[PDB]
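Entry overview - Catechol O-methyltransferase with tolcapone in place.
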Amino acid sequence: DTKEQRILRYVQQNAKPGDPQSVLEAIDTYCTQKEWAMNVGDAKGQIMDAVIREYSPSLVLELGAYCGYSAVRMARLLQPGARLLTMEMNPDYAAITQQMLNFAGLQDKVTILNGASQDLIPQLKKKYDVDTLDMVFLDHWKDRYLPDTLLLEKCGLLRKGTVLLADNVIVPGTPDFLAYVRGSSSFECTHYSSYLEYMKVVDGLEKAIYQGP
Ligand SMILES: C[S@@+](CC[C@H](N)C(=O)[O-])C[C@H]1O[C@@H](n2cnc3c(N)ncnc32)[C@H](O)[C@@H]1O
Ligand SMILES: Cc1ccc(C(=O)c2cc(O)c(O)c([N+](=O)[O-])c2)cc1
Ligand SMILES: [Cl-]
Ligand SMILES: [Cl-]
Ligand SMILES: [Cl-]
Ligand SMILES: [Mg+2]
């Protein structure tokens, strides 16, 4: 019995089937009251919500799904026909995420790619019929944010205006990625100060908009 299985069971026992808001609030309640877990959480998630609503992306890539909290959070705000692709290398967690999306009734909007971002990113265009991404949510191991950004650019997946939105740029921190995009004329960056999920430790999201080659 894993913490992720516990989160899922608590959602099935407490949330309303087909109600993404209810599912979010259930996961937040469990992780606030019973066991901390690395979901983006409600404070940063409200910022995510506002960004999603501003850009109305048709195609979103998420890096790191975990239990599907952020996937539910973003998918519930997508326009009809818009898509989220989420990459998750832990098969146990990917299983839990799929069940979480099913419960929320979001399964038709979200596609889970099992495996490591660095292996899956080069297969996106061919295997998933992707041209360029409108938005990317980076929230996997922090040492991959920079390498996967370079890899996205190499594979032609970024267009002028693609929005990168990065979690945890303060804590645990992503120093190479943050130095890189803030220093590069290829990105326009904005910092949104907030708090680490379920705590009062300061963290923040960085928005880095690709400006083209
Ligand atoms: C912080 S959790 C994702 C949380 C999720 N975005 C949310 O807010 O609910 C990080 C996840 O990244 C996954 N992960 C780490 N490195 C990865 C990689 N290179 N490719 C795919 N998934 C990876 C881990 O297995 C874990 O599920
Ligand atoms: C041992 C330990 C230390 C710090 C954290 C932690 O704070 C954390 C928070 C996140 O939002 C997050 O995305 C990740 N991550 O992907 O590794 C870790 C989680 C576990
Ligand atoms: Cl590598
Ligand atoms: Cl929170
Ligand atoms: Cl705290
Ligand atoms: Mg995170």
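Chain A is numbered as in the PDB entry; the shown residues are, in order, 3-215. One-based numbering, in listed order, for ligands and for the atoms of each. No hydrogens, no waters, no symmetry mates; every other heavy atom, side chains included, goes into these values.
- Counting all copies, tolcapone can be found at ligand 2.
- Near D169, with a cut-off below 4.0 Å to any heavy atom, the atoms of tolcapone are 11 (O).
- At under 3.5 Å, not a single nitrogen or oxygen of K46, backbone or side chain, sits near a nitrogen or oxygen of tolcapone.
- Among the substrate-binding residues UniProt records for chain A, the set within 4.0 Å of tolcapone by heavy-atom distance is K144, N170, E199.
- Lab note: ligands/ions < 4.0 Å from tolcapone = ligand 1 (S-adenosylmethionine), ligand 6 (magnesium ion).
- Between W143 and tolcapone, no pair of N/O atoms sits closer than 3.5 Å.
- Within the 4.0 Å heavy-atom cutoff, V173 does not count among the residues contacting tolcapone.
- When only non-hydrogen protein atoms are considered, atom 6 (C) of tolcapone lies nearest to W38 CH2, 3.6 Å.
- What sits closest to atom 18 (C) of tolcapone on the protein, heavy atoms only, is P174 CG, 3.8 Å.
- Looking from atom 11 (O) of tolcapone to the surrounding protein, the closest heavy atom is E199 OE2, 2.5 Å.
- Distances from atom 3 (C) of tolcapone to the protein include no heavy-atom value under 4.0 Å.
- Residue list (UniProt S-adenosyl-L-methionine-binding, chain A, heavy atom under 4.0 Å from tolcapone): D141.
- In this structure, atom 16 (O) of tolcapone lies nearest to the protein heavy atom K144 NZ, 3.1 Å.
- Per-residue contacts place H142 under 4.0 angstrom from the following atoms of tolcapone (heavy atoms of the residue considered): 16 (O).
- In terms of protein heavy-atom proximity, atom 12 (C) of tolcapone is closest to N170 OD1, 3.2 Å.
- In this structure, the protein non-hydrogen atom closest to atom 7 (O) of tolcapone is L198 CD2, 3.6 Å.
- Close N/O approach between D141 and tolcapone is found [any backbone or side-chain N/O within under 3.5 Å].
- For tolcapone, the heavy-atom contacts closer than 4.0 Å come from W38, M40, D141, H142, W143, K144, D169, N170, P174, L198, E199.
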Tolcapone polar-atom proximity to protein (N/O, under 3.5 Å):
unit_1	atom_1	unit_2	atom_2	d
tolcapone	11 (O)	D169	OD2	3.3
tolcapone	11 (O)	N170	OD1	2.9
tolcapone	11 (O)	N170	ND2	2.8
tolcapone	11 (O)	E199	OE1	3.4
tolcapone	11 (O)	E199	OE2	2.5
tolcapone	13 (O)	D141	OD1	3.0
tolcapone	13 (O)	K144	NZ	2.8
tolcapone	13 (O)	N170	OD1	2.9
tolcapone	16 (O)	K144	NZ	3.1

